[PDB]
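Entry below: contains N-butyldeoxynojirimycin.
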Amino acid sequence: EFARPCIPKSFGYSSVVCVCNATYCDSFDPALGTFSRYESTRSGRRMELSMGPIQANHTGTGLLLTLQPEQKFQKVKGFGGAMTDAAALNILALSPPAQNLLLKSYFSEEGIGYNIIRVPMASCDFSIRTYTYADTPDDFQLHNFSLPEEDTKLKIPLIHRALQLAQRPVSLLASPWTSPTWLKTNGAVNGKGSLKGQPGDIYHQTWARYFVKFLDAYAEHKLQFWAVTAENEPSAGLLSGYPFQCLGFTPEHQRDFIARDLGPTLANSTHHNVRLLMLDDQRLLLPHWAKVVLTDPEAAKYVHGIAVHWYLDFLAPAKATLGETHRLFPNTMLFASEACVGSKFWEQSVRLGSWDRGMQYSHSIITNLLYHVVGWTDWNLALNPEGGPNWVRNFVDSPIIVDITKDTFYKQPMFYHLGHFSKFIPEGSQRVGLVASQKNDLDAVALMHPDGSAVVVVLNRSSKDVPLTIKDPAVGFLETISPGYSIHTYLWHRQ
Ligand SMILES: *[C@@H]1O[C@H](CO)[C@@H](O[C@@H]2O[C@H](CO)[C@@H](O[C@@H]3O[C@H](CO)[C@@H](O)[C@H](O)[C@@H]3O)[C@H](O)[C@H]2NC(C)=O)[C@H](O[C@@H]2O[C@@H](C)[C@@H](O)[C@@H](O)[C@@H]2O)[C@H]1NC(C)=O
Ligand SMILES: CCCCN1C[C@H](O)[C@@H](O)[C@H](O)[C@H]1CO
């Protein structure tokens, strides 16, 4: 519609947030052989558009990044975030006009064109109430399964509004944290405990049927799922005292649950097209978890992909984990399903305007893309200034922070860093080769849109400006510069 600049505000951190309210939010409005550049900087530029010429020749010894359009890697599924109870409550705390600008920021082409929404199956830490959908004890046939108001009045109507705003088809992803407690060895939503008994038994068939019941219930409200994960962070339920909703699975337990219960139960339902993602956990668990599950032909036939979380990335070099998994199982897509900053005990939950947190998002996304990952999903879409609500006070940060007392929301550097990918990398884009002429400190990734046009994202996490050239053998050269602490997305038609 109308380009509207960022209203910047400092809270004493490395960069600014962009301030939006009931009546204002920043928003957005290429001939060959010109390119488009979108730039965001620590100094305060927010996805600003500029253009350049593509030259026929280049001479120099500076950094050159050469597109290898014939070297084809993964297709992109997409980008988005999570509609938790906390996110829904924060969004709905705004006046309806401000709610609409927040939703448009994320889901509109006038915003950043999210096409993924992760939906918890009942309560997680980012809930104010602890509940499942089948809390009546020993209800093995699930006669009393139902969605409560957290879904029917809060999450579902918000998801519908997001879908209405989006011009791209939106894919929903569901993940459970805990089963009903009466299905669990420890009889509690949290702590160390798994499903009682063994895969193939009444407890496991009931838990498998719960997934179908969830999907049935959402489909009654006219929402269809792209995928479900087999459990959020199954490793969590293996840990003594784990503080909030979880459900423990070893990789063998998960393998046999998928083979015997979950896979066949979904396959025999009207939801047989919904994809099943395994793991949904820290990538250090790869490739071991992939080997355990995927080398059993009975489990493998049901698994579409492997979902990863980013929290222990420091213990898990991408080559040894993502790269090795891809090498062994290249037909089982890798998908980043949850990330947030501010979650470590020593970290401040919310740092309004943190450029570092921004760069953390984009560095992870680029690294993921360079190691075959097909999409990347943020955690809570919005939180309050404390990084909540959260029933166990496990507060964290969010690209959007809602200030209820001011009917205001703040878009953080994380929002724009994610936007440098989500806005410009449609579903069906394919990552292609990009080689550097010399060692450098930049993170860079090249992809091709479904129509054959090019997209390159370049992140400079250093304080030093790096002039550089991008070579496309089809079109020519783009002479540019990557300022210290910047992120650029470059777009051009190749035909
Ligand atoms: C919602 O957010 C928008 C953008 O921040 C607010 O509109 C803007 O309000 C500013 C007032 O703080 C306007 O600026 C002033 O300009 C004069 C010169 O013409 C200066 O002398 C002065 O120092 C200010 O800088 C600003 O122009 C305005 N609009 C835009 C599009 O930038 C909005 O504030 C509300 O609306 C405006 C138009 C005024 O009526 C304000 O009094 C009013 O608070 C924010 N909404 C709310 C309710 O906070
Ligand atoms: C190892 C750190 C995991 C971080 N958590 C993952 C879990 O899925 C979410 O429910 C949490 O909110 C998140 C942050 O503590």
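In what follows, residues are counted from 1 in the order of the sequence shown. What's counted below: heavy atoms across the whole structure, side chains too, no hydrogens, waters or symmetry copies. When the header is checked for method, it gives X-ray crystallography, 2.0 Å. First listed ligand is number 1; within each ligand, the first listed atom is number 1.
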Ligands or chains of N-butyldeoxynojirimycin: ligand 2
Please provide the name that UniProt uses for the chief contact partner of N-butyldeoxynojirimycin. Lysosomal acid glucosylceramidase
Residues near N-butyldeoxynojirimycin, heavy-atom distance under 4.0 Å: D125, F126, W177, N232, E233, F244, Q282, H309, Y311, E338, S343, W379, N394
Which of the N-butyldeoxynojirimycin atoms, numbered from 1, are nearer than 4.0 Å to a heavy atom of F126: 12 (O)
Identify the protein heavy atom lying closest to atom 9 (C) of N-butyldeoxynojirimycin, giving its residue, its atom name and the separation to 0.1 Å. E338 OE2, 3.4 Å
Are any of the N/O atoms in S343 less than 3.5 Å from those in N-butyldeoxynojirimycin? no
Protein contact to atom 11 (C) of N-butyldeoxynojirimycin [nearest heavy atom, distance to 0.1 Å]: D125 OD2, 3.4 Å
At less than 4.0 angstrom from any non-hydrogen atom of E233, what atoms of N-butyldeoxynojirimycin do you find? 3 (C), 6 (C), 7 (C), 8 (O)
Identify every other ligand or ion with an atom closer than 4.0 Å to N-butyldeoxynojirimycin. none
Which atoms of N-butyldeoxynojirimycin sit under 4.0 Å from any heavy atom of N232? 7 (C), 8 (O)
Quick check: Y311 and N-butyldeoxynojirimycin, any N/O pair under 3.5 Å apart? no
Just wondering, where does chain A come from, per the PDB? Homo sapiens
Nearest protein heavy atom with distance in Å, relative to atom 15 (O) of N-butyldeoxynojirimycin: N394 OD1, 2.6 Å
